[PDB]
Asker: 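Take a look at the following structure, please.
The chain called A is the first sequence line; B is the second; the pattern continues. Note that chain A is numbered according to the PDB entry, with residues 1-214 shown in order. Chain B is numbered as in the PDB entry, which gives 501-511 for the residues shown. Using the PDB entry numbers, chain C covers 1-228, in order. Only heavy atoms go into these numbers, but all of them, side chains included; no hydrogens, no water, no symmetry mates. Any modification is hidden behind the parent amino acid or an X, and its added atoms are not counted in contacts.
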Amino acid sequence: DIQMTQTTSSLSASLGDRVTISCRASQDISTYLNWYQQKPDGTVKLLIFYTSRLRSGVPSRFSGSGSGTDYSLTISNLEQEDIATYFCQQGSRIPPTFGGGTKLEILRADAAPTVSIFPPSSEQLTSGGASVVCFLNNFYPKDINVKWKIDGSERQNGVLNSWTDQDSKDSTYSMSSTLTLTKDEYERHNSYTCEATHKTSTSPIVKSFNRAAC
Amino acid sequence: XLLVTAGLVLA
Amino acid sequence: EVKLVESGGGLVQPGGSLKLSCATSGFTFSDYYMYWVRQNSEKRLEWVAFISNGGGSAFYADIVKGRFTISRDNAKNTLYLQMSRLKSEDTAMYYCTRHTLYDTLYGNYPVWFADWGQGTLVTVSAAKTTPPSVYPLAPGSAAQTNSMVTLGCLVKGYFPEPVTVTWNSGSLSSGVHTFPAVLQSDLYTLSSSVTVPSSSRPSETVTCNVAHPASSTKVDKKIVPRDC
């Protein structure tokens, strides 16, 4: 097959900026190159075909050039809407082969997370387990670090951390950290702390509950 | 016509 | 507009068979070539097969040649992928699309993937389907002297994907955040939060509605105020 190579898999730029996504074919693909946009929810659409030709309904902002093995998608003026993953695909030989994607992220002003800490629910406990949840919502940049501390000591095992994708309207991220223990382990301790470290703050962001002042 | 393979197709 | 809707995914043991369909409307199906494309966990897209509008020729990607059959019922606007001899590698979101021949001055340019559908996930595995246990997360005991209140819902220990989490069946969509599912051990956990104002809960009720189709499960959880 022909191998398509996208030089960058993630780039972040500000609204208004001009962003050029690049693609490179292992072989001359004669301008038979198409660009696709897969948005955060799986939806995919044709953006440009025959390397420079835009399809109807797509903004003038998208332009595409190339010769031989080198191709580019330029998004003249980044709008909010353009957060998605862009794929080139060659149509010169069979099979059609896709490039790996370039995720675009929009750079924005720093926002410190709103953290909330949730004690285990009664239904969980009666059943056996104790899971304490920590929501660190709406922040920027993506890079954040959470530590759980149970009666002063950090606990590192049994933690599941998930980030959302960049929120389409305010370009923010949200993260959820769950610590799971057995009811028995859980009742052997009285203070649970969720500690977030992020750029917007000097001092860690701290949420706590004491199982009696819960 | 309806050719759908690689390159420019006419009828 | 044009609608491509694929249905048919779910768990299948390795060695199994599953059959996808793709309902097409808003265009004369008989005049379009139909295609299947697939994308795995690593986000790599892969072309799997195509069939000509007539039904006559079907062409296959080597990795599925001999194991997958493609077919169409022109009379019902539906296209199929019968998948047999599945291997775990086949785990992917499967998409269906139609061709479009665009006008160039000196020829027509054939686009195979012009219009795509939403997709249908197939997980190929020996793991038994497990239903999710759903837990309401309500605020801690220290009296809410905040404007907004965040409530949450934990949906724990299920398999396969996907699971649909709504809040009050659609009525709360502002401030909703549903986190991706992470495979913890052999089973997934996801969570979701909503921020409603202090004048709304506890007064009016909040509910996370969660559905896991693979075990045919739908649970509704009133997140109730904390007891002491």
Asker: Looking at chain B, what drug do you see?
Answerer: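 The drug there is ciclosporin.
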Asker: Write down the macromolecule with more contacts to ciclosporin than any other chain, named per the PDB entry.
Answerer: IGG1-kappa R45-45-11 FAB (heavy chain)
Asker: Return the chain letters whose heavy atoms come under 4.5 Å from ciclosporin, other chains only.
Answerer: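 Chains with a heavy atom that near ciclosporin: A, C.
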Asker: I'm trying to map the binding site of ciclosporin - which residues have a heavy atom under 4.5 Å from it?
Answerer: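 Heavy-atom contacts: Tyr32(A), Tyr50(A), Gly91(A), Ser92(A), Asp31(C), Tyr33(C), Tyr35(C), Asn53(C), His99(C), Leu101(C), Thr104(C), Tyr106(C), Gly107(C), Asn108(C), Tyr109(C), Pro110(C), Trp112(C).
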Asker: Show the residues of ciclosporin that approach chain C to less than 4.5 Å, heavy atom to heavy atom.
Answerer: Unk501(B), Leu502(B), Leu503(B), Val504(B), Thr505(B), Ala506(B), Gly507(B), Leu508(B), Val509(B), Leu510(B)
Asker: In this deposit, what name was assigned to chain A?
Answerer: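 Per the entry: IGG1-kappa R45-45-11 FAB (light chain).
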